[PDB]
Enquirer: 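Hi! I'm looking at a structure that contains ribavirin and have some questions.
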Amino acid sequence: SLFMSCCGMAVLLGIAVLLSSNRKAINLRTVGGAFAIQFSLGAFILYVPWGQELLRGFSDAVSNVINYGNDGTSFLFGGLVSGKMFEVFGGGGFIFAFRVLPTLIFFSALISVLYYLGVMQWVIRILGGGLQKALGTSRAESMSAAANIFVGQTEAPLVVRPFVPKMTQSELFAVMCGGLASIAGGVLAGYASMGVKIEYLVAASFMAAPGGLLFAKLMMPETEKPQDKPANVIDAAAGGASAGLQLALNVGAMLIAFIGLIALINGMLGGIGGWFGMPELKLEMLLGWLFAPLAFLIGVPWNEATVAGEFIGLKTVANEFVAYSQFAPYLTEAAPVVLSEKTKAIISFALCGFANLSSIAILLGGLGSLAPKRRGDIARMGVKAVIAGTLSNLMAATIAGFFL
Amino acid sequence: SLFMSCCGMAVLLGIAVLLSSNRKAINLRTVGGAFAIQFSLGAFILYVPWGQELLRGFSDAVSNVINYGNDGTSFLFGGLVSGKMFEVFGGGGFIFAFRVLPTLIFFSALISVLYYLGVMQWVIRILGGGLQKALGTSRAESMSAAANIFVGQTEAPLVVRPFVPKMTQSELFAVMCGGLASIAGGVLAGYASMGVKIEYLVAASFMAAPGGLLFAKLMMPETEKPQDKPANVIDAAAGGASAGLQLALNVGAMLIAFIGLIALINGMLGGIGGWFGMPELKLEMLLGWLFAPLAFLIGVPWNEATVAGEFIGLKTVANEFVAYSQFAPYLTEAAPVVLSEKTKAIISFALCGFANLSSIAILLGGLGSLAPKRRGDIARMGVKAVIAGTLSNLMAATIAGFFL
Amino acid sequence: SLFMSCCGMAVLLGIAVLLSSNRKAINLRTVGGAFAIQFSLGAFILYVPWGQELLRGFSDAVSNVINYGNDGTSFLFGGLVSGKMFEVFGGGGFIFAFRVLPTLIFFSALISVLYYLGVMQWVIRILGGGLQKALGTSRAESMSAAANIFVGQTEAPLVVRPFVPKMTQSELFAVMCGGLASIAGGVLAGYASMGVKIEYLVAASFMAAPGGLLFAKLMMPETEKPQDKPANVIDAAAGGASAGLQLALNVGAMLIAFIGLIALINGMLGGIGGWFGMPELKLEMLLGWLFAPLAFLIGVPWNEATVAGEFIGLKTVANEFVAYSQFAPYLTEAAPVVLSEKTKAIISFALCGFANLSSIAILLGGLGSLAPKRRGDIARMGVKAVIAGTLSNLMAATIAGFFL
Ligand SMILES: CCCCCCCCCCO[C@@H]1O[C@H](CO)[C@@H](O[C@H]2O[C@H](CO)[C@@H](O)[C@H](O)[C@H]2O)[C@H](O)[C@H]1O
Ligand SMILES: CCCCCCCCCCO[C@@H]1O[C@H](CO)[C@@H](O[C@H]2O[C@H](CO)[C@@H](O)[C@H](O)[C@H]2O)[C@H](O)[C@H]1O
Ligand SMILES: CCCCCCCCCCO[C@@H]1O[C@H](CO)[C@@H](O[C@H]2O[C@H](CO)[C@@H](O)[C@H](O)[C@H]2O)[C@H](O)[C@H]1O
Ligand SMILES: NC(=O)c1ncn([C@@H]2O[C@H](CO)[C@@H](O)[C@H]2O)n1
Ligand SMILES: NC(=O)c1ncn([C@@H]2O[C@H](CO)[C@@H](O)[C@H]2O)n1
Ligand SMILES: NC(=O)c1ncn([C@@H]2O[C@H](CO)[C@@H](O)[C@H]2O)n1
Ligand code: NA
Ligand code: NA
Ligand code: NA
């Protein structure tokens, strides 16, 4: 029952200790409180009545913003995003290119506006300051952890960019982990528009900040000594839309290619598998069979561990967007396999992160531009940082499955 | 009657004098003839029979070019831009993304071709030379004023780019105003494809050249002494299409975000307004209530000044494309408020310009690349140049409403 | 009969000799074997039974990859690329923007993956090595010729980029010709998705390598002495998709503008032609009337030479994509003119190449970045290289028409 989840949390923490750069340098106050906060945050908003109300209230607010933003895409694509599409094409009336991708553009503009007004910096300063006074983590890495709750792995460190070039290896590693353990507000609204429960997305986003610091300081403890704009609001929104546009185009092209490549791989795996008596062999079978123990470890029932492994594995070997795209049909009435409500939550939390190998190249470019003489350190800690981000997503999923 | 319009022209001229850098340095020949030309041009093509025929002939030619260009977008999007769309989705069959945006790509290619052939430079040389010999304005600033009739605020100064780095503050300011007082051929065809009368777009475009110089020399008189390519036609069209593509994407992303943001703002203004007994409070109400006196000043009837204020205000606080998008439904039979034919003309002329705050950032980049050591002067005169461009659009609207 | 084709091959070879930089420097072994290989390759896969089976087997494999890739675009655009589109919009249900353009993105990703795995370099090394040992051509120019079978004129020389800055004028010219005589894998799949027979596309692609070297060494014989990466497979696919996206957007914008411009030109040619009693005058008539002798020379029947001239001429004065777009309707049952199966093949082969004037500007940029001090030589040999690429496409078409 609940004993299997507590063992899951132990195993995840155990792997991080085994992969630590210095186990004897691990600060118990830091990693103790970091786990305590992520666990309590999960308890607060998933179990305790008052916390569940604050979570649904924030989620409904996010759901209202998305609909407001949908007026913009409704103007551009007219009846191609109306209800008539379902009357004509049925299930195929939901055009992803026009339904989900424009949301990335709107939310990028909105966040850019909330930065200009000082609203974002105000919230980050409070959350980031609460983390450092309770974990003993440095000023810059704590703000980046808080910033990552709302924005991407490359946009988050911008709040502390003059401190990035001279921050310690442990600090840089935590900044990398904070980004890999989290997503961004734009894609969050995208996944929400695909049927993923907003309550799970917001919850996983907030639990990412302490969870990112947790496995960052476990696998890479501090062994050194740390230290310590658009002309108007309309230009801010315009720049945000432009950034969101570029992101929308890149994500869309990636989904065409990656899903397309998977179909090719399944075609080849059908012929190759046939040589060994398994003509029905596909990529989903391999990933499911290989990630089932991991899925079972974090609280997924034995008879649903294989299916849950397909989604978790796909997120790791590719990215979470491709995973969410294959998992989204399982959140409707036309789902090929009816999953338990707890299993749906676990998959949602475990997927909610940028933790993949391809995000290292993005970290080399974005975070590397902020500190060109540190690109060597970024490339070196890349794989370890992905693992740390992965463990954070898995821990948040285990915690979520526990209180559910 | 016609006395209210003449007072409107006086007020607009009065504001420019009050905001002048040196009222005693204002050349009466310059600003006298500049107003005389813009007024006579309005009289010529809106009142006098022969002029009305030349205007409708040019407009029909423009209307034919758009339809020719529509073969290109018809090929790409097929039945999504056919008549069947109206039979299925009704009013929502008109897909803006495919109906209006591709036109920016085609017209950008066409203008780029007309530049290679020397046709554009031929027309600009004649118009620009007629302005300088009648106003005493310098060679470079006069050609830029003429060029702005057809192309954008960043593309226009390219005809005099080696003279830009060393031109006077008054010259640079006029170049900025010429761009803010006008639009570009590409978006012109876009607005025309949205239902805006081509006769009003072409008229406002041509009246922009003397109107731009008018308020430029009023608010910033000359106090110094002025001075004085693609391999083939197929490469020209290709480069133009590429430029138009980038423009199409940026405009589209902006419309998704801005309209989306407005819907969010109206949602918040509904809740905020409710605290003061006004739950129906929206952005359109604020802009209408605040710009109604201005609209009434330029010839809009008292019972239509509020609605006309919504569109004019929106163009100022954002951009003219967003304004035109909200005004376009009022040009159909399904209009929520039936406006007089004169009011429709006034709104069309007053909107027809790039005069907004966000265009300053664009002027810093485009016009700034032509003279990197002058970006300081551009940022300094930015706001004054927007005001001057705004007054030009308002003057052209007052003149248009007078002869109508 | 077959005597007219052999004369066609003679004429094409004759023109190249007349335009040679040094006829006395022409290596007979080189150009003899180069023609012998291109002719035998045509004989092998178009006439001989075993070769026809290898060609249809490779083509069916390519056809399967396209369908696999179509899962990606099906996900993005849903019912807009389903069969329901034909039930509602009829013929206009086939939306080019969603049916053809996404294929460029998928195939770019795939090729980028096959490069990372070493599969591409393996095939190129074998083909390129077979060409040099039989023609005496240098190492670098032979690999580039082989690489061009699969990728574009700018991507092909990347396999020998450190040898490009110091290769001879004859070597650089051949590298240019190898790209102009061929297309790329991405657009190949596009043309295939437009109804062009894959067997003809693959055949023309492979015959491009010896055909490119043939007319390169004919028009520019060697008179000097020659000499002699993404972190993971997922980053490779992502970079390929990004590149393919940029290509998709540029091609799409070009088709909107160029087709749009043609409609404008036909409108003007109707009015201009009317002055000389020919109001029905169009661009297709001019190109057909002017390229009919050329079409008749390469094996097109007298009563089909005019129509075939329209497509061949359009490919030359613009690009092969615009030509294929106008030729594609003639490959369906709703064709305005029913052409013989041999004529359809000849048009397909003669169009299958990047040989146009606009590709010179692309060669200046892409190939020029690999050797910035050689941009002068590229601009100088530009026109000659286009002619050489044109003659290669025409030769392959003559050979194809001969064995058919
Ligand atoms: C859509 C619905 C909501 C409506 C919102 C409309 C209100 C926006 C007002 C703009 O704010 C000002 O704009 C200036 C221009 O962008 C800025 O000046 C700055 O930039 C100018 C030009 O670059 C300079 O002249 C100034 O000195 C410099 O302070 C200035 O900082 C900024 O406060
Ligand atoms: C679609 C319907 C209408 C059909 C129109 C077709 C006609 C176009 C003809 C192209 O014109 C020439 O093209 C050359 C190549 O672009 C240019 O040469 C220039 O560029 C070459 C290569 O860059 C050099 O070799 C030359 O010396 C240099 O003068 C040259 O200036 C230009 O006049
Ligand atoms: C979608 C279905 C198919 C599933 C396929 C999944 C398998 C992919 C495995 C990735 O391969 C490795 O990834 C590393 C990271 O990209 C590379 O390390 C390189 O890059 C790292 C970070 O940049 C460094 O830490 C390493 O030392 C450096 O060798 C490494 O070369 C590469 O072999
Ligand atoms: N805003 C950002 O920084 C961002 N957004 C998306 N992605 C990348 O795109 C993938 C799919 O969302 C993720 O795994 C990230 O690596 N990065
Ligand atoms: N061609 C150009 O230079 C151009 N086109 C459009 N815009 C900008 O986009 C806004 C909407 O058209 C305008 O106010 C301009 O600031 N600039
Ligand atoms: N991959 C490439 O290098 C490429 N692809 C397309 N084109 C250019 O675009 C035109 C239409 O396909 C061709 O003639 C080329 O000049 N180049
Ligand atoms: Na983040
Ligand atoms: Na202009
Ligand atoms: Na090629």
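The chain called A is the first sequence line; B is the second; the pattern continues. Note that chain A carries the PDB entry numbering, so the residues on display, from first to last, are 2-229, 241-416. Chain B residue numbers are taken from the PDB entry; in order, the displayed residues are 2-229, 241-416. We number chain C the way the PDB entry does; in order, the residues shown are 2-229, 241-416. Side-chain atoms are counted along with the backbone in the values below, which use heavy atoms only and exclude waters and symmetry mates. As the structure lists them, so they are numbered: ligands from 1, and atoms in each ligand from 1.
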Enquirer: Could you point out every ligand or chain corresponding to ribavirin?
Expert: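 All copies: ligands 4, 5 and 6.
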Enquirer: What is the name in the PDB entry of the chain with the largest share of contacts to ribavirin (ligand 5)?
Expert: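 By the greatest number of contacts, it's NupC family protein.
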Enquirer: List the other chains that have a heavy atom under 4.0 Å from ribavirin (ligand 5).
Expert: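 Chains with a heavy atom that near ribavirin (ligand 5): B.
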Enquirer: Return the organism named as the source of chain B in the deposit.
Expert: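 According to the deposit, it's Vibrio cholerae serotype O1.
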Enquirer: So, at a heavy-atom cut-off of 4.0 Å, what does the binding site of ribavirin (ligand 5) look like in terms of residues?
Expert: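 Within 4.0 Å on heavy atoms: B:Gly153, B:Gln154, B:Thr155, B:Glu156, B:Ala185, B:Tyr192, B:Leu259, B:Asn331, B:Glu332, B:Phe333, B:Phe366, B:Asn368, B:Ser371, B:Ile374.
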